[PDB]
Amino acid sequence: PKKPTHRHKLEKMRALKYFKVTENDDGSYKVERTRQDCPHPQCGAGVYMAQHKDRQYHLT
RNA sequence: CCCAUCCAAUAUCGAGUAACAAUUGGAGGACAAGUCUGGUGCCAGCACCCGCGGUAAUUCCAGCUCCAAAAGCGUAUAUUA
RNA sequence: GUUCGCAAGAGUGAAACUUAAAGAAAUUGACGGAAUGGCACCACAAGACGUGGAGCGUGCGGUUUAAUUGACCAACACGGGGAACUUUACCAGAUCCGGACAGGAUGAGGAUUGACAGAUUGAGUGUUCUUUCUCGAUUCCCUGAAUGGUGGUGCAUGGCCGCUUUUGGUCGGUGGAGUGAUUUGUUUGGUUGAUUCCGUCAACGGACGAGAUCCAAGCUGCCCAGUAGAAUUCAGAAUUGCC
RNA sequence: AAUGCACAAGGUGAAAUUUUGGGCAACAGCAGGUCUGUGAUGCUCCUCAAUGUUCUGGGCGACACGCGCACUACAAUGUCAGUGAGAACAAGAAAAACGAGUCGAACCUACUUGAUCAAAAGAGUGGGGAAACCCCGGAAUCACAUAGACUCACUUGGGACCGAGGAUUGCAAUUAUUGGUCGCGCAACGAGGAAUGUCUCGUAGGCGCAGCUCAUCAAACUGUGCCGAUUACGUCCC
RNA sequence: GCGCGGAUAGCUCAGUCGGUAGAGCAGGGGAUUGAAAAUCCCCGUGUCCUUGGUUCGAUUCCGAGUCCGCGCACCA
RNA sequence: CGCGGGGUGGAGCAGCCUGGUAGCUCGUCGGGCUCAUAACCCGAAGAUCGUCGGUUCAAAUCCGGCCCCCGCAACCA
RNA sequence: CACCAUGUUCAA
Ligand SMILES: NC[C@@H]1O[C@H](O[C@H]2[C@@H](O)[C@H](O[C@@H]3[C@@H](O)[C@H](N)C[C@H](N)[C@H]3O[C@H]3O[C@H](CO)[C@@H](O)[C@H](O)[C@H]3N)O[C@@H]2CO)[C@H](N)[C@@H](O)[C@@H]1O
Ligand SMILES: [Mg+2]
Ligand SMILES: [Mg+2]
Ligand SMILES: [Mg+2]
Ligand SMILES: [Mg+2]
Ligand SMILES: [Mg+2]
Ligand SMILES: [Mg+2]
């Protein structure tokens, strides 16, 4: 009765996925991450999980 | 009036898209000249005669391009060959 | 209109209008409820075994249906068509691009690909809406196009098939005949399934088809076999009679 | 017959007149069929909610009816239940995949089993690349002094229709895929009107069997064998 | 003049004696054809004079009244 | 109106048992023959006997009342 | 010598 939309992928506006605080980086620390990977399924290296009500996400 | 003569005889206006612009009938045959493109689909129309047109029209309605005569060229009725 | 006639009629004799041929003689063909000679169990004869009647299978028509997707002797168990899905061409929906490549505007500060859970849905189908991560130039958005179609037209075609036709038929060359289309060769006679042969012959020389070649079956030679078979001779076993 | 080309009858022979049976077949043509065979094709239509292409579900198969073509019968020259003898053509498994450049499994099959108890199955174990295994290919008609049941009836003829278990093919069986079991059989049908088809000897007819379609399904078709006649060997009547 | 009678699609026309409408052609589209004609299917469709008395409602009943036909008349 | 005749399958007509899915010709259907149609051949269907009553075991017939159709007459001053 | 009638319009 009504035509569907034929979805295009949404732009994330200058961030696909993101890190943590204290961008000074005075030789003490690497920056922390904001999600996890749960590896070997399938890659786990740069695979970062979704929030989705803090649940999960690929796949892995 | 026209035509003719003239743009100095000391001394006369003027072409450019020379826009100051050719048309009238045709392109199957007789009969000179398109197996071009678009439209219509035995309709609309053409065709003196033969014939064209029934969804790929050498013939209709048009655009292009050609042919013929040309300040002319079609058509009709008489009339001679 | 007039002159003849007892009358039927006769003689004389137009036009308006209409039409693109009507005719004439020949040729080639097709056709005859026209002669003549042949042939064929897709003809009959003399017969066989059936179909048409019945029940079912299957194809065709019609009627239904959302839809029930060529052909009318030479269509109808045929399109190798005995389709549950697929096939598939039809109907109700749903995806995907398999719209290459160009040109123009977004574009890495992201063009875009894909998807878990829910809602949507016929669908534990991300198709889409919410959600956020992945993909990392492959794409996407416009414009121009192109490639796909078991879309149409077999009356635009190629190819193949069927059918004219199970018939013996067609064609040149050069000569003859006629203004010519066209004839002759290619024939009246016998003959064969056969323009097959013999003879005749204004024809003579050729080409194809027919025959030949090819396959299969029947008899047969050579070759041949621990992928075919046979006999024998010793051993082993079985019957062994009075019924 | 009258030269010739040849013909009939008989011989010879395995075979006697195209030996038999097929294949192949000229020239012209049909406005035959095929655009549903092709990456055969011109033109023209559709071309992103597409007439493309894929899913999902239907349909092609739906039945007052009319027709082609088969199949099964209407029975005693038979149906049944036994038992015997005994054919030919034929088919048969796999990929640059998944497994252990070599080998396996997909295909057909015998044999055992299932079996101190129905078929249909389901399982083992062999073999076969096919003249080598199936296979001494145990086809069905037929046969039988079978001292077998029926005895002329819509009947033990016929098996349409459909009811209930069950098991296999498939990813899926409902508008039963197919087999098997017990019911139903009171469904016509007793040899078929007008009409009509094919056929001249290993033929017609009967009989089955392979292959092909095929995961599952032959009343089909292409082949093959088996049993095996009636009539004509004529004519132009249609 | 009186009486008998008939009006329903663009036209033509059948009606259950007093419960609501039939076709067909003409029309618009398909199937068919080489295009047509025929042919078949599907579609637009008739407030029935005017109305009253109103059977649950007048087309179907009866009587009034446009329409258009038919039976029958000074007196010797 | 008097009087007289008839209503029968879609058409035209018959019908003497008081009675045959009532009969006839044509038509309508279904199949054949034909390339196709007609002719022709083989089949099958179709009747509120106009209607209501009554006689009867039984009615198209028999007796009626009605509705129609069709005439014969409808006289002499 | 029984009966044996007919096949729409253009076009190819
Ligand atoms: N290519 C052979 C052709 O045979 C034709 O002739 C054939 C016909 O005369 C005739 O054929 C007939 C046929 O007409 C008819 N319609 C059916 C008949 N069965 C045939 O018969 C022929 O074939 C069968 C083989 O099955 C045999 O019974 C018979 O011996 C044979 N004469 O027999 C000949 C076949 O041998 C023509 N001569 C010719 O078209 C051609 O040569
Ligand atoms: Mg044109
Ligand atoms: Mg022009
Ligand atoms: Mg059908
Ligand atoms: Mg010459
Ligand atoms: Mg009969
Ligand atoms: Mg006539």
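Numbered from 1 within each chain, the chains take letters A, B, ... in sequence-line order. As a textbook-style caveat: the illustration shows part of the entry, and contacts are counted within that part alone. All values below were derived from every heavy atom in this structure, side-chain atoms included, with hydrogens, water molecules and symmetry-related copies excluded. Order of listing sets the numbers, starting from 1, for every ligand and every atom in it.
- Of the chains in this structure, the chief binding partner of ligand 1 is, as the PDB entry puts it, ribosomal RNA 18S.
- Out of paromomycin, ouabain, dihydroergotamine, nintedanib, the drug or drug candidate placed at ligand 1 is paromomycin.
- Other chains, heavy atom under 4.0 Å from paromomycin (ligand 1): C, D.
- Other ligands and ions with any atom nearer than 4.0 Å to paromomycin (ligand 1): none.
- Near paromomycin (ligand 1), within 4.0 Å on a heavy-atom basis, the structure shows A40(C), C41(C), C42(C), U166(C), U167(C), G168(C), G193(C), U18(D), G21(D), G22(D), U200(D).
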